[PDB]
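Working notes for the structure below.
Position 1 is the first residue of the sequence, and the numbers go up from there. Header lists the method as X-ray crystallography, 2.2 Å. One-based numbering, in listed order, for ligands and for the atoms of each.
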Amino acid sequence: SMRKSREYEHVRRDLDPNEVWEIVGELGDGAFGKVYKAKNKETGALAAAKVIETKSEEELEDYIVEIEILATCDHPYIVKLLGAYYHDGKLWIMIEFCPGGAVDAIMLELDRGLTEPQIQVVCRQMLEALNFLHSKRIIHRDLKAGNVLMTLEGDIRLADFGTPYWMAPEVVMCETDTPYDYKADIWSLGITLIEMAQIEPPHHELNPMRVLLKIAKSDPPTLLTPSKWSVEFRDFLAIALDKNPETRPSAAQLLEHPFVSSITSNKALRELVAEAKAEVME
Ligand SMILES: Cc1ccc(-n2nc(C(C)(C)C)cc2NC(=O)Nc2ccc(OCCN3CCOCC3)c3ccccc23)cc1
């Protein structure tokens, strides 16, 4: 047999998105692609929409993988799928708009890194989400501050905009599957905490040519000024930034670590997003 133009479970090809969704503007960009802000026709709910110019039905089948993953990952600390449409020769993906901004953009505008209680909340929530991702046998593979988006309410939304300062050593060294692929996120998480503490990641100052080398041959990175930080934090990094994927701890194991195991309030991150919000206009 052979199938032509299959009907995908979370996609509607029988309806224009412009019936439901009003294009309000361009949400900036990098080298990611073409993303747009949009308003709901019935409710006025804000959302972000990306559009891809798919030539063939073989291409379309590739790009919908992102939709299948987004749909199956319904969790309080992960971007949330609202819908997908395939109209004309354009695939539309939409998720709930995030008005806090990426954690790195927050750091840029304040010209300062996060405080420790700020880092603790991000860490605990990132951990809750990774534990869920690994629950579904899904690996992120590109964790960094730029993929941590913020709401005004105080909670993160984990994203992925699909140079390698956050790459795990076993992945740097690889020349070719393995039972400890999920662990690579845990290295990247650790590098993300240092990025959040010091604005930039380790080895930021080097020729990018040298970065894979440096990561392969160096001892795990540590905080530039340990005295400024808690013992719980330094210890957390030490066991998270383990070069052996086999002895590196799971997301679940770290949740029990005293650096995050008593964090219940999201307050410090509510307070953070507000400062950033207040300095947008002045
Ligand atoms: C191949 C592939 C497969 C899966 C993914 N993938 N995996 C995840 C998990 C792991 C977190 C569940 C998430 C994603 N994808 C994303 O999070 N992708 C996106 C990033 C940034 C965006 O917009 C910019 C930000 N914008 C403005 C602020 O408010 C939020 C929206 C997006 C706008 C609309 C639709 C998707 C967007 C990625 C790639």
Choosing between SAR125844, BIRB 796, 17-DMAG, GDC-0980, GSK2126458, which one is at ligand 1?
BIRB 796
Quick check: main partner chain of BIRB 796 (ligand 1) by heavy-atom contacts, named as in the PDB entry?
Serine/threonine-protein kinase 10
Could you walk me through which residues contact BIRB 796 (ligand 1), taking a 4.0 Å heavy-atom cut-off?
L27, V35, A48, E66, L70, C73, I78, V79, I93, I95, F97, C98, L133, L149, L158, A159, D160, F161
Subset of BIRB 796 (ligand 1) atoms that lie under 4.0 Å from at least one heavy atom of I95
30 (C), 31 (C), 33 (C), 34 (C), 35 (C)
Please could you name the atoms of BIRB 796 (ligand 1) that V79 approaches to less than 4.0 Å, counting only its heavy atoms?
17 (O)
List the UniProt active-site residue of chain A that sits nearest BIRB 796 (ligand 1), with the heavy-atom separation to 1 Å.
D142, 8 Å
May I ask you to list the atoms of BIRB 796 (ligand 1) that are less than 4.0 angstrom from any heavy atom of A159?
17 (O)
Per-atom contacts of BIRB 796 (ligand 1) with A48, taking only distances under 4.0 Å to non-hydrogen atoms:
26 (N), 31 (C), 34 (C)
If you map the residues of chain A that touch BIRB 796 (ligand 1) onto UniProt domains, which domain gets most of them?
Protein kinase
Using a 3.5 Å cut-off on N or O atoms only, is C98 in polar contact with BIRB 796 (ligand 1)?
yes
Is any covalent bond from BIRB 796 (ligand 1) to a polymer chain modeled here, and which residue and atom does it involve?
none
Which atoms from BIRB 796 (ligand 1) have a heavy atom of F97 less than 4.0 Å away?
29 (O)
UniProt-listed ATP binders, chain A, heavy atom within 4.0 Å of BIRB 796 (ligand 1):
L27, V35
Any N or O of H140 closer than 3.5 Å to N or O of BIRB 796 (ligand 1):
no
Any nitrogen or oxygen of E66 lying under 3.5 Å from a nitrogen or oxygen in BIRB 796 (ligand 1)? Just yes or no.
yes
